[PDB]
Amino acid sequence: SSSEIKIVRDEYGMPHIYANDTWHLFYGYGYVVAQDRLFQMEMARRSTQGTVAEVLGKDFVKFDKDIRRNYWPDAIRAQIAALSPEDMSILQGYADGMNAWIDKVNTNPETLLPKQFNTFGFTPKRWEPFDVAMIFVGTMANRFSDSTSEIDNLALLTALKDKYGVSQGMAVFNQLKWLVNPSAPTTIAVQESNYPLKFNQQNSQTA
Amino acid sequence: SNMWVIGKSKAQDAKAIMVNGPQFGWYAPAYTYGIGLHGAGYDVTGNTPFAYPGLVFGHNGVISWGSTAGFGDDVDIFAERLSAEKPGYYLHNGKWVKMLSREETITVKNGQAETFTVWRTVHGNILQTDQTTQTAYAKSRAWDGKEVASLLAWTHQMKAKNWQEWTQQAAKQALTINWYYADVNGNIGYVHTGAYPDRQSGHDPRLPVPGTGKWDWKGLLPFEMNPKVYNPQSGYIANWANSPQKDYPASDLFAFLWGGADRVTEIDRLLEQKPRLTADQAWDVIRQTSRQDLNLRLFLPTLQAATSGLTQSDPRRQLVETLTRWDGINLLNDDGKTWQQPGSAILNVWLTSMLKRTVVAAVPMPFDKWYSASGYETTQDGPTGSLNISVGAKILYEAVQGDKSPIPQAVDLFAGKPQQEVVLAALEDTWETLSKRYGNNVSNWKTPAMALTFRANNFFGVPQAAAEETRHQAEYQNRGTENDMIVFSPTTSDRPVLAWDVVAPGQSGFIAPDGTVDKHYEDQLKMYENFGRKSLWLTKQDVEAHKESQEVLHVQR
Ligand SMILES: CC1(C)S[C@@H]2[C@H](NC(=O)Cc3ccccc3)C(=O)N2[C@H]1C(=O)O
Ligand SMILES: [Ca+2]
């Protein structure tokens with residue numbers, strides 16, 4: 001039936017989920033994740049939303065502020081609200097599967113609550129689609145696809161111009177922080193293709 | 001992060017081999033999560049960071065996939081024009097526009113809550129404001145609005161059965177990420193995925209742009225423009241955070257460069273050593289690259305030239321002799337904590353001295369510090385991630401290549417002195433430093449090896465386990481946090497695919513209230529250290545044959 005979910009763990013504990021629709025498949029996934037990694041996932045949720053200080057104290061206030069300042073949560077919720085039913089079923093099933101295990105944990109904590117919750121002094125709460133989405137968004141996107149140093153670059157360029165003069169300072173910037181270097185080893189060989197765009201290399205946006 | 005994809009013309013006893021080593025650092029419990037999904041159009045196996053819905057490392061019995069960070073420049077900073085007369089507004093397209101804002105309160109365990117405001121413009125969230133110049137800086141991401149689409153693209157790509165189906169999903173992944181493909185027929189492919197801005201003419205992407213309207217991005221570049229290759233003539237696709245393609249620009253981070261000195265060359269040397277690679281040989285590239293000193297190849301020639309006229313008894317010459325006899329692979333002595341050869345220490349001291357004398361001296365403070373690192377920076381717990389050639393070392397390598405370098409040496413980093421003189425001076429410093437620590441007999445120098453730590457704090461620096469759960473490995477290995485290998489059409493099996501991975505310390509992080517750790521809490525630790533690997537099962541029959549437990553749930557939505 002559409003209500004059945006089979007979970008099989010192999011000899012290393014790796015789980016395999018068997019189900020007949022999207023929501024049920026991702027529910028099985030969330031369920032086994034909550035069994036294996038609940039504390040890790042709770043702490044990843046707090047890291048990705050900036051709510052670590054709630055449980056760990058004052059040493060994490062600047063961290064939490066920095067996380068919240070680097071995203072716009074309502075926009076992520078708007079993206080979720082635009083999903084088709086099928087796509088939403090991925091996130092909803094996952095959250096609903098974690099919650100089924102979390103509710104079991106909180107009903108029998110004396111045997112099922114991960115020891116770390118007792119150590120750190122709090123208990124797990126349920127998850128929604130936004131939370132599942134934010135584990136990804138807060139790691140892959142907001143940390144591993146969000147790298148710039150342009151304000152520092154401008155400060156370096158200004159210091160180079162003050163040391164070497166305008167022209168030589170721009171040329172030393174191009175020696176230390178080149179736009180492109182043709183001797184760089186490239187995953188794609190030159191015979192195959194090359195990138196067709198050429199970029200300004202003298203800060204002409206403020207010329 | 002590294003990856004090598006070996007296609008039909010380079011594979012031995014198989015049509016394609018994919019070996020991935022994503023480097024995120026090392027954590028307890030494991031950074032990635034092993035999972036198989038079967039039904040609702042999926043049939044997949046692998047492991048993935050933070051148990052995302054989409055498996056970043058895995059296969060579906062027809063194709064396999066993996067990733068490495070892309071490091072393209074998909075982020076620009078806009079300098080917004082403010083006015084003291086109109087707090088909370090900025091000038092855009094001839095009008096004073098209201099910033100969007102939200103209040104946030106940080107609740108604090110055993111402390112007072114703190115409330116602050118987050119501000120946002122048409123160009124992104126505000127990072128910092130200079131009241132002296134009435135300027136606010138907004139960070140603009142080419143993928144803004146496509147985060148959820150990216151998660152879904154990484155999920156839906158698991159159902160692709162060919163390159164066209166797979167690249168339809170790659171085109172929907174907006175973050176800067178290298179994606180890789182292999183399939184049962186021996187095809188291999190690569191896409192440097194993501195959204196990249198179509199910038200106005202004259203916009204230097206390394207530096208901020210005015211936010212008043214004229215410098216706004218035109219839109220996004222089309223997917224045609226993303227660097228990609230399918231079945232390259234070389235027969236292989238290798239990456240270790242290096243450039244995707246000739247003339248493609250890197251991230252604007254000042255300490256990140258794509259130049260003539262690149263660690264990916266160590267993978268090319270191994271893949272080109274022999275005409276073809278078996279799966280075993282492809283896996284062994286992990287072990288060798290993980291132990292390879294990355295500076296020896298770059299600087300040994302300069303060291304040999306500098307010392308070529310010296311007498312046999314000159315210690316500057318004897319340090320170079322020691323390096324010349326070495327292949328750069330570090331191995332632990334029998335004590336389990338010192339390296340058999342002293343070469344990395346020699347290179348570290350030498351390069352530290354060289355950078356101080358050259359790139360550091362050319363750059364104003366406090367920027368100079370930015371160029372002083374040798375790349376051998378660590379902690380007693382060892383490196384927090386991969387090891388690489390430092391920014392200063394990459395710039396020094398262009399200088400020591402002389403006119404072989406394509407980068408104009410606007411400032412002579414040797415300041416008018418012969419490069420040999422500076423190289424020799426750094427060798428004199430090296431001899432003094434190391435002989436004072438170890439004595440004058442280089443053959444008995446037992447230099448410390450770097451170690452590896454599975455940290456109990458996640459990469460954000462936030463506890464994800466108790467401190468006592470940290471695990472330690474004597475040998476630092478410059479390799480993936482996990483490693484996975486997929487072999488297509490092996491001649492040694494009738495199965496269309498075979499695959500293996502390693503998820504250390506283990507699949508489970510569970511500890512019961514009484515302190516009893518799960519049976520799968522630490523059963524992959526020794527396998528990780530020894531370059532072992534476990535089978536990834538896909539089919540119903542293989543999973544059943546290797547079953548330890550099962551549960552059947554009955555649930556209605
Ligand atoms: C920019 C970063 C925070 S993320 C990048 C790299 N991480 C990886 O390569 C891991 C990864 C693998 C597959 C997909 C995404 C990221 C790594 O480490 N890099 C960091 C850095 O240089 O500070
Ligand atoms: Ca930029």
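Letters A, B, ... mirror the listed sequences (proteins, then strands); counts begin at 1. Determination method: X-ray crystallography, 1.5 Å. First listed ligand is number 1; within each ligand, the first listed atom is number 1. Every heavy atom of this structure was used, including side-chain atoms; hydrogens, water molecules and symmetry mates were not.
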Drug name at ligand 1?
-> benzylpenicillin
Partner of benzylpenicillin (ligand 1) with most atom pairs under 4.5 Å, per UniProt | Penicillin G acylase subunit beta
State which other chains have a non-hydrogen atom nearer than 4.0 Å to benzylpenicillin (ligand 1).
-> A, B
State which residues lie within 4.0 Å of benzylpenicillin (ligand 1), judged on heavy atoms.
-> A:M140, A:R143, A:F144, A:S147, B:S1, B:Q23, B:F24, B:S67, B:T68, B:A69, B:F71, B:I177
What is the closest protein heavy atom to atom 7 (N) of benzylpenicillin (ligand 1), and at what distance does it sit?
-> B:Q23 O, 3.5 Å
Which atoms of benzylpenicillin (ligand 1) are found less than 4.0 Å from any heavy atom of B:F71?
-> 1 (C), 5 (C), 19 (N), 22 (O)
Is A:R143 close to benzylpenicillin (ligand 1), meaning an N/O of one under 3.5 Å from an N/O of the other?
-> no
For chain A, what name does the PDB entry give?
-> penicillin G acylase alpha subunit
Looking at atom 11 (C) of benzylpenicillin (ligand 1), is any protein heavy atom nearer than 4.0 Å to it?
-> yes
Measuring to protein heavy atoms, does anything land under 4.0 Å from atom 23 (O) of benzylpenicillin (ligand 1)?
-> no
Close-contact set for benzylpenicillin (ligand 1) against A:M140 heavy atoms, below 4.0 Å = 14 (C), 15 (C)
Atom 9 (O) of benzylpenicillin (ligand 1) - nearest protein heavy atom and its distance = B:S1 OG, 2.6 Å
Element-labelled atoms of benzylpenicillin (ligand 1) that are located less than 4.0 Å from some non-hydrogen atom of A:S147 | 1 (C)
Protein heavy atom at shortest distance from atom 4 (S) of benzylpenicillin (ligand 1) | A:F144 CD2, 3.6 Å
Please identify the active-site residue of chain B, as annotated by UniProt, closest to benzylpenicillin (ligand 1), and give its minimum heavy-atom distance rounded to 1 Å.
-> B:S1, 3 Å
